[PDB]
> 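Mind looking over this structure? Questions follow.
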Amino acid sequence: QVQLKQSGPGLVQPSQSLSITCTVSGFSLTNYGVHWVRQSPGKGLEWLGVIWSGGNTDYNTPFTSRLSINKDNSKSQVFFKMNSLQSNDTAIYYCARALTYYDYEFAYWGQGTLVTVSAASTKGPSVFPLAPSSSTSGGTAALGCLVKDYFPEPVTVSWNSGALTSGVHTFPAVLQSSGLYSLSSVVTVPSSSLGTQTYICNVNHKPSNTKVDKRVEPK
Amino acid sequence: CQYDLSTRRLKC
Amino acid sequence: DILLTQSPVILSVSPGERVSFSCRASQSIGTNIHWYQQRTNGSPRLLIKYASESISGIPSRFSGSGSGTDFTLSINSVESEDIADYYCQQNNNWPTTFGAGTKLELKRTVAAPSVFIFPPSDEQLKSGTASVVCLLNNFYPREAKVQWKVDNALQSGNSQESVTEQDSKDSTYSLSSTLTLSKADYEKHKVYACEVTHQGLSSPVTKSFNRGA
Ligand SMILES: *[C@@H]1O[C@H](CO)[C@@H](O)[C@H](O)[C@H]1NC(C)=O
């Protein structure tokens, strides 16, 4: 199976450099070109450039000066580096692969790397329980986790290590007046299962290496 | 519209 | 660079209906157009290549047509799982460029929210801040009002809302309203209420609790 797995989300100081690794599998870098595309609020989808099978590169006109793409065939790795980032470079960066070696119809994509250009410093979140009580209606209970005061985005949240997905709602993060993000993630479950079952939100905030599991119980 | 990095969708 | 103009910017339709996406090019580009689908939190997914050619594992309900400057992506009978943003891409001229996209929203019947309220945790109060959360779950349409009252005093300016995108299965939204108070303020009051207004409710629904059990 063709896969492109990118490195984790990052914070970049203004005028400093962005580095992303694309690690591929299911095909050889000697047989396909790897493209880089970003997606920003201000410019939407934007093709940045490519490193071809034989190692040549093309860069989109406005990035020729500050962009460089390299690779290690034997390690299946593509290295993307862009210089002197400014705030409007804040975006999700993707590596992608086309159907055929020479073409540009992108059939396969990396999961994306969210990059934040900001002078602010990394800060991990605190996790508080949103505890159910009688949060009970028609035999359904709701519970959750409040993931508060972190920077930058994103945070990932699952329930019971991926085992619980039905009823789960993880809200878009909102930026608070303190310049820190905050979000909740909730799930509805049968009232009667609060006795038997354990409910744990798995919070991960990679930019600060904050990895927390929160057990949420009735109070 | 424009892409929203928090919602990961277009926002209109 | 070729400019690609997608229209409209947003489309609302019911399941089983036909929907067309338009992509117009600032000059002729033959059939050198590709289409993508992007779901919430997802990467673009290749739907059609070269105006009309099928892609492996893409449902037959997706098709495309057009040549020159005017292109169309069709979904003959929309499903709830089709909620996404749709983009076109040209590669007749270097560099390849993408359109701004069209947002696909789905219509469904009115659904009242189920409402839930959560007091701040004892764990958080240790940090001098109290967050009170109100959950509006699985409702439609998107428009909703949350009113906070603390001891009958109407709250203003100290709450924030977040709304999920449409659910891929039932097409509903959910919303969180977070009321943020200092610990000192929280401790000086008893009745914390969350009043919810929505087209699905014949009257506002209030959820509340008294601080300290
Ligand atoms: C960012 O800023 C530069 C000018 O410094 C501008 O030319 C460019 O279009 C901007 N890019 C965006 C909006 O992503």
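Just so it is clear: chains get the letters A, B, ... in the order the sequence lines come, proteins before strands, and each one is counted from 1.
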> Report the drug at chains A and C, choosing among bimekizumab, gosuranemab, gemtuzumab, sacituzumab, cetuximab.
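That one is cetuximab.
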> Which one wins on heavy-atom pair count under 4.5 Å against chain B: C:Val163, C:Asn41, C:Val9?
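Going by pairs under 4.5 Å, I would pick C:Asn41.
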> At a 4.5 Å cut-off on heavy atoms, which part of C:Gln38 comes close to chain B: side chain, backbone, both, or neither?
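Looking at C:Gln38, backbone and side chain both touch chain B.
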> Mind telling me which chain of cetuximab has the biggest heavy-atom pair count under 4.5 Å with chain B?
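By heavy-atom pairs, the top chain is chain C.
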> Under 4.5 Å from any heavy atom of chain B, what part of C:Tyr86 do you find: side chain, backbone, both or neither?
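Neither the backbone nor the side chain of C:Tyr86 comes within 4.5 Å of chain B.
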> What are the neighbouring residues of cetuximab within 4.5 Å, counting only heavy atoms?
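Non-hydrogen contacts come from B:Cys1, B:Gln2, B:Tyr3, B:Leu5, B:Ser6, B:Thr7, B:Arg8, B:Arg9, B:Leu10, B:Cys12.
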